[PDB]
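Since the structure comes first, as structure tokens, the remarks are kept for the end.
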Amino acid sequence: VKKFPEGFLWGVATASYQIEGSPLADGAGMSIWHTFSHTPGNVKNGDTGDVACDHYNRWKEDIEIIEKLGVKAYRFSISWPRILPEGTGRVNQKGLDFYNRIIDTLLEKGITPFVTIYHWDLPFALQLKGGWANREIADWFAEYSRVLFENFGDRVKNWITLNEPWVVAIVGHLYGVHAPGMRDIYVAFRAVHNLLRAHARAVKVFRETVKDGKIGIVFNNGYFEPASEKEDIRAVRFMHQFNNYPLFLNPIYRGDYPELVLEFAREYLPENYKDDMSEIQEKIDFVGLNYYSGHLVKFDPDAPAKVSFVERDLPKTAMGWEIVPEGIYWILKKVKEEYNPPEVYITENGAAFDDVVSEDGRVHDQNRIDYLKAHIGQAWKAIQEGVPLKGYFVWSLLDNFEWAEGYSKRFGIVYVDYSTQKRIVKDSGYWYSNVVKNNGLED
Ligand SMILES: OC[C@H]1NC[C@H](O)[C@@H](O)[C@@H]1O
């Protein structure tokens, strides 16, 4: 048996653009994911978020599923352009109404809301003014955060500024695979910097408006290992510093970017970037870490960053991501060791597999159970060695729009039949329900 501390928060997680559909309903402005997915060639099968899971209409039913499952926390995001259609200025009362109903329902049923302020659906109107590339986004984001705090902060007490800002910056503005679809290394590092400043400004407003709450920030993380005992160890050191929480937590805790990031990227950061560092050090209450995968890494003289991945013969998910459960232990231990934050949450962990509804009307995703079980086990371990892990969130409640992969990748513990919008709880969902009831594993 592996029992978790009393009060440990078992959660599920979603994001606004991935589940809601109806992106232009009730006076909402367009987002960058609306225009990105409506551009031919950007998303698999030309999928968009126009309908998605239709959560915009079926929100009550989805929450009832969370209730029925006994899950104690729900992490969801708010669509910035539903709230401020032009990004700043005018507030759309109908957008506030939609999240107000979700918030009140959750509290009625005793589910704890964890609100992600920004999960990638920037208002299109702000992208026209440069989006994350524009220093002024620190103001725009502050104003948006303030609206949320004032309207919801009486009831919501756990807040996340940014979801995966490395992805936002690098995959959105260097790789061009996500909105707004740009390929410019200098823009991508200005986005990194501005994301930090916007985060710090939001936290500052939070101290003024929600005096009894807690606020953090969420990072993607990979478990990187060297291909050989050789400068292979250093390329792993680079990937951890660049791709993992240190890119943002070295600034927040120590007032500068990590060493190896500066050696690679100093030419691409703003000239006097150090002038912003003391404001960036605004105290946070928790660190959220997402974790999915491990990667074997080698120095490579001819790669963009002097680094390439090498495929390993390990079990992979439908994403082709290698399943390495000890990565979640490693990253929890390392975060304590490097920055010692007062609280940590696993804000996302999960997997995509080729789910099908059997003749018996059930989704037998034993592979997802194996995945979840192995990772929850490893997180248990870190708790026993003193990591202040206060919660764990399965990505995702529902199969949903998986960004540039569209509907073809299913992460849910609940199946969605997109032709009817019927929800079918998967075996993994029933399994997790039992984990939550028992506050841990038992076999
Ligand atoms: O790729 C899986 C999952 N990981 C990271 C993102 O936060 C989420 O939106 C995405 O669907």
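Just so it is clear, chain A uses the PDB entry numbers, and the residues here are 3-232, 234-446, in order. Counting starts at 1 for both ligands and their atoms, in listed order. Heavy-atom basis, side chains included; hydrogens, waters and symmetry copies ignored.
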- Specify the drug or drug candidate modeled at ligand 1. 1-deoxynojirimycin
- Query: For 1-deoxynojirimycin, which chain gives the most heavy-atom pairs within 4.5 Å, and what name does the PDB entry use for it?
  - Reply: beta-glucosidase A
- Message: With respect to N403, determine whether any N or O atom, backbone or side chain, lies less than 3.5 Å from an N or O atom of 1-deoxynojirimycin.
- Response: no
- Message: Please determine whether any non-hydrogen atom of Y294 lies less than 4.0 Å from an atom of 1-deoxynojirimycin.
- Response: no
- Item | Side chain, backbone, both or neither: the part of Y19 lying under 4.0 Å from 1-deoxynojirimycin by heavy atom | neither
- Entry source species for chain A: Thermotoga maritima
- Note the single closest protein heavy atom to atom 6 (C) of 1-deoxynojirimycin, along with its residue, its atom name and the distance in Å. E351 OE1, 3.4 Å
- Under 4.0 Å from a heavy atom of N165: give me the atoms of 1-deoxynojirimycin that qualify, with their elements. 6 (C), 7 (O)
- Heavy atom of the protein closest to atom 11 (O) of 1-deoxynojirimycin (residue, atom name, distance): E405 OE1, 2.6 Å
- Item | UniProt active-site residue in chain A closest to 1-deoxynojirimycin, heavy-atom, rounded to 1 Å | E351, 3 Å
- Query: What atoms in 1-deoxynojirimycin come closer than 4.0 Å to a heavy atom of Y295?
  - Reply: 2 (C), 3 (C), 4 (N)
- Within reach of 1-deoxynojirimycin, part of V169 (heavy-atom separation under 4.0 Å): neither
- Query: Atoms of 1-deoxynojirimycin less than 4.0 Å from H121 heavy atoms?
  - Reply: 6 (C), 7 (O), 8 (C), 9 (O)
- Message: I'd like to check which 1-deoxynojirimycin atoms, numbered from 1 as shown, lie under 4.0 Å from a non-hydrogen atom of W324.
- Response: 1 (O)
- May I ask you to list the atoms of 1-deoxynojirimycin that are less than 4.0 angstrom from any heavy atom of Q20? 8 (C), 9 (O), 11 (O)
- Query: Heavy atoms under 4.0 Å from 1-deoxynojirimycin: which residues of other chains qualify?
  - Reply: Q20, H121, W122, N165, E166, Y295, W324, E351, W398, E405, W406, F414
